[PDB]
Trainee: 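Here's what I've got: fluconazole, bound to Sterol 14-alpha demethylase.
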Amino acid sequence: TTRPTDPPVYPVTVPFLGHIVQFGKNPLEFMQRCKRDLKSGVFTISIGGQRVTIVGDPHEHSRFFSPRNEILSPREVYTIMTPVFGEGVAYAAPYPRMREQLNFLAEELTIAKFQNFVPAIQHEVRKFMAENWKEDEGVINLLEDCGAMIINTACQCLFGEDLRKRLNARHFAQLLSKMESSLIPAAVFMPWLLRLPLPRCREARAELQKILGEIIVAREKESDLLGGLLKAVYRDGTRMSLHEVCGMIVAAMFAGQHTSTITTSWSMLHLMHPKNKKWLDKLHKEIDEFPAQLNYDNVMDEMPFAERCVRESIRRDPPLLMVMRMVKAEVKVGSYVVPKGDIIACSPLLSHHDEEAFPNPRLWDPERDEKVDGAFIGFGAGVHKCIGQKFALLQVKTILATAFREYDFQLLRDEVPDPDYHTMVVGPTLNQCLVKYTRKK
Ligand code: HEM
Ligand SMILES: OC(Cn1cncn1)(Cn1cncn1)c1ccc(F)cc1F
């Protein structure tokens with residue numbers, strides 16, 4: 001079964017690997033085991049004879065990230081999420097409707113769009129803090145409260161008043177919530193591997209669609225994200241259907257909700273920890289210079305340290321652990337060739353723990369730089385680099401800047417939380433994010 005060019009191979013049984021996943025075993029240790037015993041950063045896990053090739057050598061990142069869809073294809077490997085977004089909507093939109101739709105989305109999230117996003121995000125953060133952090137001091141779940149701030153501020157930024165009246169952020173976040181109710185690794189991993197349907201979350205879509213479809217008529221009967229998606233064309237002259245606009249609105253809120261929530265929480269948890277006083281003080285040296293009301297230029301271009309804070313949070317504990325493609329034509333990676341039919345993967349989690357690229361990788365050090373160019377991949381790279389990355393950072397950084405200007409925070413355990421590997425998109429353990437707020441003097 002070997003070819004003169006293939007990477008080293010580690011056989012596993014499906015049960016044995018199934019067991020590792022179901023039981024939420026640290027996936028970093030398993031991949032680091034493999035990287036060492038096979039003495040290669042590029043290596044294959046043969047599951048049921050089912051080849052998964054990992055680009056775990058940060059010097060080889062571009063070999064994963066740069067090829068076109070026709071060579072390394074995202075479609076086949078994410079097709080299981082189709083019920084999430086709908087049948088002809090993203091990874092399920094046939095060629096070339098997938099790239100066309102992602103690009104429409106991308107175009108709704110450029111820096112020309114962000115106009116008054118910042119004041120809008122500050123007002124929502126301050127409404128929240130005013131409604132929820134009312135006392136001189138009080139106890140909260142930081143993970144839960146960041147997620148609220150993330151949905152509220154996202155919807156305020158992206159949605160018009162008709163939308164926010166019919167579908168409030170609370171509602172939105174429930175509907176989103178009961179979808180990744182069926183995207184746990186323990187349940188998805190095996191049908192993802194076999195090529196089996198997603199094992200409830202199509203009921204939540206049909207609720208949204210009906211709701212949006214009403215909103216959508218109300219408007220055509222009578223410049224936000226919805227309105228921009230509604231104006232989108234396509235190469236062939238036709239526009240997106242209701243079903244496609246709903247699906248891309250979902251893909252959007254879905255993509256950014258859990259990832260940004262988690263990044264904000266890790267950032268705040270590191271910063272508040274007594275051993276990171278130096279950084280919190282550094283953070284203040286930067287943000288104490290600014291007025292009550294921030295602008296785009298303030299947050300995007302005059303907070304380099306806040307940004308390092310966010311970036312290193314995603315570096316140490318990236319929320320998307322692993323990014324995949326189907327190899328459609330064999331591809332050169334390092335001194336190996338990765339054959340047609342392989343699943344090829346590149347893992348932020350694995351590369352962000354490479355000792356050369358990120359020495360002492362468990363130390364959250366905001367002043368760190370990658371020691372191998374392009375080793376950091378928390379938002380991916382190349383053809384499929386994240387296109388909400390700028391909105392994400394504008395959002396998280398404004399929240400950090402707004403929350404730390406008014407409050408101090410005590411973490412109510414001794415150590416920063418354990419990541420919890422039981423969810424698809426990975427964050428700190430919920431019960432471990434209990435925190436005391438203290439209103440500034
Ligand atoms: C902190 C927040 C975020 C993180 C950490 C993050 C992380 C990532 C990563 C690792 C990828 C690589 C995908 C791959 O190679 O398969 C990606 C892509 C992508 N992201 Fe994000 N992302 C974030 C926020 C968002 C937001 C807010 C949106 C939309 C509103 C978004 C939309 C997308 C899309 C459409 C792609 C891939 C497009 C394609 O397949 O060509 N992301 N993101
Ligand atoms: O890349 C994802 C899909 N994915 C990969 N593993 C689990 N889900 C996630 N993502 C990207 N940025 C933030 N989250 C994505 C790609 C496109 C999309 F529309 C949604 C979506 F979640």
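One is the number of the first residue; the rest follow in order along the sequence. Counting starts at 1 for both ligands and their atoms, in listed order.
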Trainee: Name each chain or ligand corresponding to fluconazole, including duplicates.
Mentor: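 At ligand 2.
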Trainee: Mind pulling out the residues near fluconazole? I'm using a 4.0 Å cut-off on non-hydrogen atoms.
Mentor: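 Within 4.0 Å on heavy atoms: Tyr78, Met81, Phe85, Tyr91, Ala251, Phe254, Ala255, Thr259, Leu320.
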Trainee: How does fluconazole relate to the UniProt heme site of chain A: which of those residues have a heavy atom under 4.0 Å from it?
Mentor: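 Going by heavy atoms, UniProt's heme residues within reach: none.
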Trainee: Quick check: what organism does the entry name for chain A?
Mentor: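 The entry lists the organism as Trypanosoma cruzi.
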